Undergrad: 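Below is a structure I'd like to ask you about.
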Amino acid sequence: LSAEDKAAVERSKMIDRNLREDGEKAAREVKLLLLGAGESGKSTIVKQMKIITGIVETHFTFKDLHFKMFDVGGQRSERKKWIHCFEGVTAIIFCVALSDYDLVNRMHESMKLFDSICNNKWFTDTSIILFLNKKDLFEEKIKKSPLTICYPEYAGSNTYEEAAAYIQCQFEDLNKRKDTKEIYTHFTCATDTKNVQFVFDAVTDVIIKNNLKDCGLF
Amino acid sequence: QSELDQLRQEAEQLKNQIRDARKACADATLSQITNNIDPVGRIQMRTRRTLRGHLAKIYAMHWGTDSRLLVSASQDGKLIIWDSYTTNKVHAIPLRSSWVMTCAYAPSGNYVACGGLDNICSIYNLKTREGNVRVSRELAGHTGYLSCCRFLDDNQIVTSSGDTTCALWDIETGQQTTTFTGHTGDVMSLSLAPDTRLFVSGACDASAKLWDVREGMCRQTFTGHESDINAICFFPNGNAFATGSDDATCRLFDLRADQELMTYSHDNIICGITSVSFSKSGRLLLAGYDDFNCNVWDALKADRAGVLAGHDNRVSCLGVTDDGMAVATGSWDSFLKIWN
Amino acid sequence: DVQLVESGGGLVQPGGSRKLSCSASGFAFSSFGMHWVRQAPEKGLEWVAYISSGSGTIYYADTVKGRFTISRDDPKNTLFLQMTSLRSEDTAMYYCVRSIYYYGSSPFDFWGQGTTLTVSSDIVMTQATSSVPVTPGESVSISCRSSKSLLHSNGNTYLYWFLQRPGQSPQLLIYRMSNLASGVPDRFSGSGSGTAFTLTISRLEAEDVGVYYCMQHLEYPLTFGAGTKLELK
Amino acid sequence: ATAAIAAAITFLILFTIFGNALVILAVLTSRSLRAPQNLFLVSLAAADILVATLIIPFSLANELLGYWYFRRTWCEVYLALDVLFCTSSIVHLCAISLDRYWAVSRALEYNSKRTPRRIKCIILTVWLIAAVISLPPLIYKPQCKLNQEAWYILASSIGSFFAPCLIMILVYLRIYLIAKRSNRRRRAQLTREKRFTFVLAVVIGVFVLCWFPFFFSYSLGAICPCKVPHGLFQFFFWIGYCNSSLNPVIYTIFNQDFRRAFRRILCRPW
Amino acid sequence: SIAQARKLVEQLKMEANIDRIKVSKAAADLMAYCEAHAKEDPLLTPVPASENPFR
Ligand SMILES: Cc1cccc([C@H](C)c2c[nH]cn2)c1C
């Protein structure tokens with residue numbers, strides 16, 4: 001037996017060890033997914049996230065740790081047949097704009113888009129994070145036209161603290177499952193450090209919860 | 001005046017005059033014919049191989065030429081050229097992308113191809129004496145996502161995307177030859193005739209269009225399903241073809257009689273049908289479902305002739321060789337197994 | 001298109017110790033095992049050593065072990081051969097050889113220039129007789145008969161037909177007894193069964209005359225014969 | 001009479017056959033358990049089966065009709081293996097505890113360092129530490145007793161139990177403080193708090209009530225060469241044996257992935 | 001607008017001249033193809049280890 005199989009199993013083992021030592025390098029790094037809307041805010045939040053067709057990755061670094069952003073909006077097709085291929089990710093970013101309420105049912109379209117991702121059968125473990133862009137641009141929106149244009153079922157004041165909190169309250173009360181994942185929300189800013197650092201901390205909490213998923217302390 | 005509504009009513013008029021002309025001709029059902037047939041027996045078959053080399057999902061597989069070599073794809077951007085006798089792996093191919101939807105192998109044995117969400121069908125060489133794994137060509141003409149692609153020869157390939165279309169490329173020139181526009185839903189998969197003259201395309205609009213290769217126009221459009229269509233394979237003679245859907249009903253269409261013939265209903269679990277396969281000489285239609293199973297339907301009895309064991313995740317691709325001696329199942333838990 | 005770089009030296013008295021180098025360019029050097037083929041001036045080929053790809057398999061012959069050492073440097077793409085305690089009967093022409101071993105591969109498919117060094121129970125193979133008159137149009141039946149049966153129920157039969165052109169390095173013709181090498185015409189129709197072998201060369205043209213070697217590769221070391229060359233007369 | 005009790009000990013051996021190697025199979029054929037924190041559990045199961053199949057039948061032969069036999073020079077080898085395979089188990093337990101501390105104390109920049117090469121380095125390091133503990137019964141020189149000079153028994157007792165037990169107590173108290181910090185819609189919190197309180201209570205309690213009285217009786221004999229009742233000492237020795245059986249129960253049933261693996265193993269015959 | 005309502009009418013007018021086959025004849029063809037090649041299918045009937053390179 002094993003005429004030249006003693007040299008064939010050597011090739012069978014070399015590029016099998018290569019698969020292991022190349023898969024560990026891709027499995028130890030953390031991945032962050034990015035949904036959004038139609039050209040809403042996925043260009044402003046990637047101004048800091050730049051560097052070290054279909055979908056294109058974004059491989060930047062922060063505190064000597066490489067992140068991989070996976071865009072979605074480049075796919076001009078349906079979502080029912082490839083959203084299961086993007087599982088195993090740590091954090092899903094769902095960037096939402098605020099100044100698109102007047103143009104038409106755009107904010108009402110983003111609510112049922114947020115509803116389809118929080119009740120997905122494949123994303124029942126990955127925690128989702130939503131941004132709220134145009135923080136300074138939404139402050140001048142209320143004095144011309146309030147938020148109560150197409151809301152007869154809700155009454156409130158015309159202050160900026162009430163308008164920014166009700167959008168955060170309406171998005172958070174959409175998930176049917178509340179035990180596993182926890183929706184995070186952060187208003188953006190014009191700075192560079194505090195725009196991503198909370199997101200940094202957010203990913204930290206997820207892995208801590210993932211460790212509480214591992215030790216059984218959850 | 002306003003004859004656009006009349007042009008819309010001409011569609012239903014020509015439908016009722018042409019497609020609803022199957023009342024005095026489509027009379028022979030498959031219960032009077034299949035009464036005096038003989039069954040195949042309870043098929044007891046077990047796994048002979050277990051290819052534990054991958055680390056991600058597997059939903060792309062195509063055989064070799066002499067029923068020897070496997071082509072498999074993972075979600076790490078890795079192609080593996082498996083051997084089916086000694087559990088050997090020959091070529092490990094790193095990829096520029098990471099999410100692979102389909103793969104194919106040449107009918108001669110030289111080239112491979114793979115594609116995914118990056119809208120690039122990359123054709124690679126294996127017989128290169130200078131840097132054994134290298135990039136031959138990278139085709140790109142779609143704006144959605146590549147779904148399934150199969151070879152015709154060492155110079156052409158038939159690809160299909162989610163752009164409600166499918167195309168026939170050219171390896172020698174690098175451009176495209178034709179584009180098969182005129183489709184409504186998302187194209188999911190395709191199969192082709194063994195003499196390579198007619199190919200059947202999949203859909204998400206519950207249709208199975210038989211196209212043409214040379215002339216560049218559509219030939220036949222079918223119906224019958226109430227959901228999407230995930231996998232279509234073609235009969236080894238040229239008469240029929242099977243279609244798998246998401247309502248646990250695998251149907252068997254027909255081209256000569258132009259009538260749907262047999263339905264496969266699984267009354268236990270109503271999960272989808274994500275892979276179909278024929279045998280060598282019929283009478284054994286293999287079907288990989290979403291309920292962690294792999295069932296064996298009969299081509300004339302429509303009862304299950306034995307089951308197959310499952311995995312930790314769903315069986316997503318099937319395969320029967322050119323001679324008919326190896327069934328290969330590929331699931332999402334990296335356990336590409338080879339049955340009897 | 002690929003290149004193999006070698007060097008040379010002078011005559012060495014019996015009792016020396018040197019190092020030879022083989023460099024490669026044009027292909028990936030890491031994924032090929034490396035042979036050393038030593039050609040005596042009496043036309044008889046013989047084998048020295050083999051190193052594998054993953055540096056875990058080093059093979060020698062019977063009368064070779066002990067005083068020879070092989071090594072390789074993959075970022076430098078070089079092959080080093082340290083020879084100690086040289087004699088007056090082990091100095092000859094050398095060849096550094098790339099070879100890969102998988103299903104559908106071609107071992108001994110491209111050799112190199114090599115070096116010149118001068119001074120001053122295996123498997124029995126039969127090669128007789130190296131004097132056959134050929135014309136441009138005459139066929140030939142080269143006799144190469146083995147003793148051990150090469151039917152492993154595998155079913156690869158491991159015999160290799162090589163052609164040596166006069167003046168340059170020899171090249172492969174037939175690998176695994178029934179295939180055809182890349183860049184070789186289809187005149188070399190070879191076949192056989194178990195023990196018998198036949199190399200039918202029909203429609204001959206007077207441009208590829210040389211020495212025909214048949215090599216047996218079921219067990220180590222590499223067994224050879226004596227040589228089979230043609231003639232115009 | 002007595003041997004039926006030993007038959008229960010035999011049943012004890014059977015559970016060490018049943019659990020540990022099965023846990024090894026739960027690492028071998030899995031996809032969700034490919035994470036590199038399970039090599040510690042593989043080495044712990046290997047250490048437990050090396051406790052069982054090498055030490056426990058000879059202990060059963062030694063306790064029943066007490067005198068040492070089957071050779072003359074096997075006494076030192078048996079004492080060395082008995083110290084080695086148990087000290088290895090204790091240091092694998094404190095290594096699991098330290099890895100679970102380093103999981104949540106530094107979250108992001110530790111996963112770039114938690115490589116299986118580092119895990120194998122920690123495993124070989126703690127096996128070499130156990131070998132250093134088990135060496136001074138080999139070097140420096142019919143009842144096969146357990147007795148050495150006063151310099152070794154204190155050092156071996158401390159470096160076997162009293163430093164890893166103190167490290168595990170401080171680590172799991174820090175884990176309890178972190179899990180109290182990482183908890184803050186109310187009925188899913190007040191029961192979750194009792195859940196991880198019960199888990200961190202059982203993990204820190206079964207180890208203490210399973211090892212601490214034997215090391216207390218083993219350390220009072222060098223502090224005060226005063227109480228030798230010879231009744232509770234052998235019972236504490238068997239209680240010290242019992243963790244080689246109790247290890248697959250604690251560290252596996254509290255996770256969803258190990259329970260899913262046990263379910264897919266035990267559902268295929270049924 | 002007009003072209004998408006015209007191409008469907010052209011497709012329905014080009015899918016009219018099809019000389020179809022009787023359904024019983026097309027079923028007899030599929031029956032005869034499975035009957036004639038019933039001994040060249042080594043998956044319907046198992047083969048021993050001498051006729052199989054797997055076992
Ligand atoms: C110091 C030390 C370290 C490890 C094991 C032991 C004894 C032999 C024991 C405890 N339980 C099982 N055997 C000692 C004394």
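Numbered from 1 within each chain, the chains take letters A, B, ... in sequence-line order. All heavy atoms count here, side chains included; hydrogens, waters and symmetry mates do not. As the structure lists them, so they are numbered: ligands from 1, and atoms in each ligand from 1.
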Undergrad: Help me out, what's the drug found at ligand 1?
TA: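 The PDB calls it dexmedetomidine.
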Undergrad: Give the name, as used in UniProt, of the chain with the most heavy-atom contacts to dexmedetomidine.
TA: Alpha-2B adrenergic receptor
Undergrad: Can you tell me which other chains reach within 4.0 Å of dexmedetomidine? Heavy atoms only, strictly under.
TA: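 Those with a heavy atom under 4.0 Å: D.
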Undergrad: Could you walk through UniProt's transmembrane segments of chain D from the N terminus and tell me which have a heavy atom under 4.0 Å from dexmedetomidine?
TA: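 UniProt transmembrane segments 3, 5, 6, 7 have a non-hydrogen atom under 4.0 Å.
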